[PDB]
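Thromboxane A2 receptor in complex with cloprostenol.
Chain identifiers are assigned alphabetically (A, B, ...) following the order of the sequence lines, protein sequences preceding nucleic acid strands; residue numbering begins at 1 within each chain. Atoms within a ligand are numbered from 1 in the order they appear, just like the ligands themselves.
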Amino acid sequence: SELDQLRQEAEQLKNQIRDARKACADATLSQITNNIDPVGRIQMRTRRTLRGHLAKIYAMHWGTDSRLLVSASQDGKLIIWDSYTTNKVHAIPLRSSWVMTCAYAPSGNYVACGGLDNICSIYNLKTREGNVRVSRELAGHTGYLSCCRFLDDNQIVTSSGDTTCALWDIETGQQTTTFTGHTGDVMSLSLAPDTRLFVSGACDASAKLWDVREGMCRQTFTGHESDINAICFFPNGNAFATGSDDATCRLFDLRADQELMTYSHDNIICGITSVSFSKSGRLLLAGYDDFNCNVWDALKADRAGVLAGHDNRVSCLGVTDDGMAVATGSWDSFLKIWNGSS
Amino acid sequence: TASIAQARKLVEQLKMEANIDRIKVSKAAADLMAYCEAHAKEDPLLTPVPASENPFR
Amino acid sequence: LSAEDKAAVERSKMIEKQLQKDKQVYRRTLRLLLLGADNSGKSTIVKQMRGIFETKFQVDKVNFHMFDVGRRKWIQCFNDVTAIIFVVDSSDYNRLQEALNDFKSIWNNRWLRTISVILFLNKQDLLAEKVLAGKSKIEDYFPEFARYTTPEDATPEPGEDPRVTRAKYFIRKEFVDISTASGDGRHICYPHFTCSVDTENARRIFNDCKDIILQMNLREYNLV
Amino acid sequence: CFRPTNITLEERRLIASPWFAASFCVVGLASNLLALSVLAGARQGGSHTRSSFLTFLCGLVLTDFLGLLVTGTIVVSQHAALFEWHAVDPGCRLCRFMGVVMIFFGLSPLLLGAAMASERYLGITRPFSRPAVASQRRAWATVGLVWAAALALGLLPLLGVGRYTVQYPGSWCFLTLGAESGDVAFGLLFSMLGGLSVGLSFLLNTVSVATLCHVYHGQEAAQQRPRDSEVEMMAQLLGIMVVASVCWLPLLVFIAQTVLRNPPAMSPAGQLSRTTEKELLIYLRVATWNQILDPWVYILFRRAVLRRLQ
Amino acid sequence: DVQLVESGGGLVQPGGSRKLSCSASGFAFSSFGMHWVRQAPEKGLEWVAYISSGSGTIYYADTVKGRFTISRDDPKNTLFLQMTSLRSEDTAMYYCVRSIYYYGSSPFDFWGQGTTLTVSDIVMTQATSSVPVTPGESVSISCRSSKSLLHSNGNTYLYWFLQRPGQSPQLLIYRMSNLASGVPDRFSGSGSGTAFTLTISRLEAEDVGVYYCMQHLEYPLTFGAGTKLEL
Ligand SMILES: O=C(O)CCC/C=C\C[C@@H]1[C@@H](/C=C/[C@@H](O)COc2cccc(Cl)c2)[C@H](O)C[C@@H]1O
């Protein structure tokens, strides 16, 4: 009786939200950006190839200096690369080799990683002893760690396969805020440029916008037909793009609270592993299971170019803060640095 | 009484999401187009820099 | 380069030398993914031979590294394992269909299309006693078991009731029938009849993995 | 070097037929090209990474292809252009080049054939010994040593041990079957190196076939899986044990007996008997088909390769 | 804590041999390159030798090359300096210096206490030998180099050290602008090309000492004469 009545009210609220979004869907992003000229053909060459990982690379993250990057592989090795010289700066042996994510702190003093061991390990890069040591192990998730991102030297946000995201205080080792509401495994998260909000994508084909300080879900974005594997904020923080197993990328707007554009092709039938934006946000780079990385025109939904330099799945990619280059990691155990030429 | 407790929480959450202010998609689309145009020149991937300014020669 | 850059490159080359030592150990070790249910008794099988529960054992100068897990997202991590050890409990007829449904998911998994399955039909002694008592009938759960006859090519163990042999091969046929449904020979299922107290379980994985490794080569030399 | 030659008109079309050595090149070049284009797809597909087999196999196809192209054009040309050898090229430079290029492009397939036999032997008898990466750098080195070792023997006549002289009918240079100390030492050494390479390939490929029979006869293997992959491999190894032995053993045995003949088969003036000049030419043409059947038995007879062409 | 203790020094006869040891504790010794730097009594610092991490690279000063041998024992975390044909010119305090080299590292960050031995090229110029100073007042120290220390990669390989009376030298500024860990922010390094300035705002009693500028553009590493601050 009471349960049946309540679940009927949820359906009414869902229709109310859907009608509200349809009310403000006066135009389409495709119509708005029809007049602007296309970006043309985007040609990028492999400037660097980072060799030394002996297993599938699953994650990479640039440091804020746009020169150092950290990559994680399931050979149990965290490696920090000097991208200009291809020098290996550090090699961090992981206690658990099943790492799925890695993050570089904006200060550059810490890196984080974690996987099927359900632990987020914090590593101190600047010690008087001259070696990288574990500074904190963040326990509390009951599923695998899928993504992690530093807010500062003391705060980090982690998403897990136990359907929850958490905000952690590294100094005390306790999660100050827990973000619940996803009904599937959360596969990725992205921080807003001001680090006041973050979006997370789960396997329930939905993307939720969370307030870091308040600790609740502000908005929920649907439209995908399968698990979301990747998510990335627009450089101004007013939009984000997702990638799912349905071979499509969607551009959601925070303020319009709805999907704006879909990035899919008939030839593309493979899942998407990673997504990122260029510095101006005009380019959307997506990694695919078909061994390729497709560069999309974010405004016009046109495939601007293809990065074909890997012999296995492109598992991750990322663009530097200055926008100079893009790195792609792959299951073939190699990292490549790409940029164009005049 | 686990299902009935979860139902109340889900309904309460949907109320918060339905009370937000939404701008038009055309207004939101214009802002995204404006930001890309304003920062187009400082995008090395969109507009490749001369080889002298490329750290990855 | 400058004076510090040459020292930096020397540090980078000493890291590569340290990675080289780890690569030799990594490639020489075979990694097995152990799957099953709570009642499968997989934890006993690994214990006798000895998040993620990892076990390393060495048989005849060959190092085996077995991962015990207890799922479409984290199963991509085990994409390069040599074999998958799928364990079921044959005695529990009630949940056999769940095992068959679970086995079909793994066999037809997109990320496990080239990974052979060393299927273990655990607790055969319990299955023999359950059939011998006769209280429970497999035909209740599997009606097609009535029209099943033991093939003449069957090789029962000495001193074994023929009724057990008819039932024991029927369960094995159910899993093997799933294996031949699709795949086109890229990977092979390796049915076995083990028990918890069995001491030869390590050898069965050894010989089956040797066949898996050998069949990798014969695909390479025939340009398949 | 320009030994006396007298080619009879009767033998100019029966035994020394101009098209005899031209048909082999056309079929040989076509076979290697067919087996080299289909090898490109395998290498560009990236699906062959756990075995050094494609490294050795790529070298064997290239060596045979060039061998049928370098000596292929020289022999065909002499039947048409610059028929005289002592007048068109009075200097012995060509014979030194022709003599070396024969030994280099003939002893490479035997050594490469004995190298792939070892690779298949270790990858079948003891599967766990072979690692997964199967580094290509450490595999092109063995192909390099094979090329160098073949070239090392070819340069011995240029350093005073043996010599290259024009053979019957007067369109190719080869090691001289004399009674000199240098000729006997070089002639037997060439047969020993070739004979051991053929002997090693046959010996290793017997054990691999004998090891697969033990696996194939396995009672569990009869029902646990259809073992039609080993049948595809048993056929391949048997083809190697036949083509390599049939094409090369007669030529290597012929040199060993001819050198040690008492009285020597070569007159003190430096002239061989006409029958011996015919037998050496006939036995050589048999060994030419080994370089033509190697792209077939190693590659083009595979059921997984014939399917791609169709 | 990070420690570097030197031993083996003492009075030796001219032309003799002596073995200096540097025991390291509290840090990963095998990861750090090691230098020996000596300082003659009432004189400036002089670089002696360098051994890299992994012992792959070894450098010597010209005045000691062929007579001194530098070696390390990674399992024991001990640094050695075998000296032969010792002259009266070798009478100095020998310092053990750790230095690790990677992008953004701080070489020469820690110095040992030193051991005293008594026996019976880019030019770095610090013309101002001494500067009278008062607490709370801003002081600038100038350094010059015969060659440009700016490399084509953008780095300017200039280092600043402070040797308080009775204490071992301490790193202040590395690569001409970066501030070493544990150094107050009042120290600031500014330079361009061949001319460099060290500005010390709000001088304190602890800042009193001798300041040395060292170049790390190429070997041999050379020190400036040194500028002394006195109250
Ligand atoms: O009729 C005539 O004028 C006389 C022609 C016969 C003389 C040479 C045969 C050559 C063939 C060479 C193929 C390469 O494999 C050579 O390499 C070998 C082969 C066998 C043994 C050794 Cl020791 C090395 C080529 O197809 C054209 C020509 O027939």
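- Other chains with a heavy atom closer than 4.0 Å to cloprostenol: D.
- UniProt transmembrane segments of chain D (numbered N-terminal first) having any heavy atom under 4.0 Å from cloprostenol: 1, 2, 3, 5, 6, 7.
- With non-hydrogen distances under 4.0 Å, the site around cloprostenol consists of D/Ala21, D/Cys25, D/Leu68, D/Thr71, D/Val75, D/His79, D/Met102, D/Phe105, D/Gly106, D/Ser171, D/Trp172, D/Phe174, D/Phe190, D/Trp248, D/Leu251, D/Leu281, D/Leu284, D/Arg285, D/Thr288, D/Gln291.
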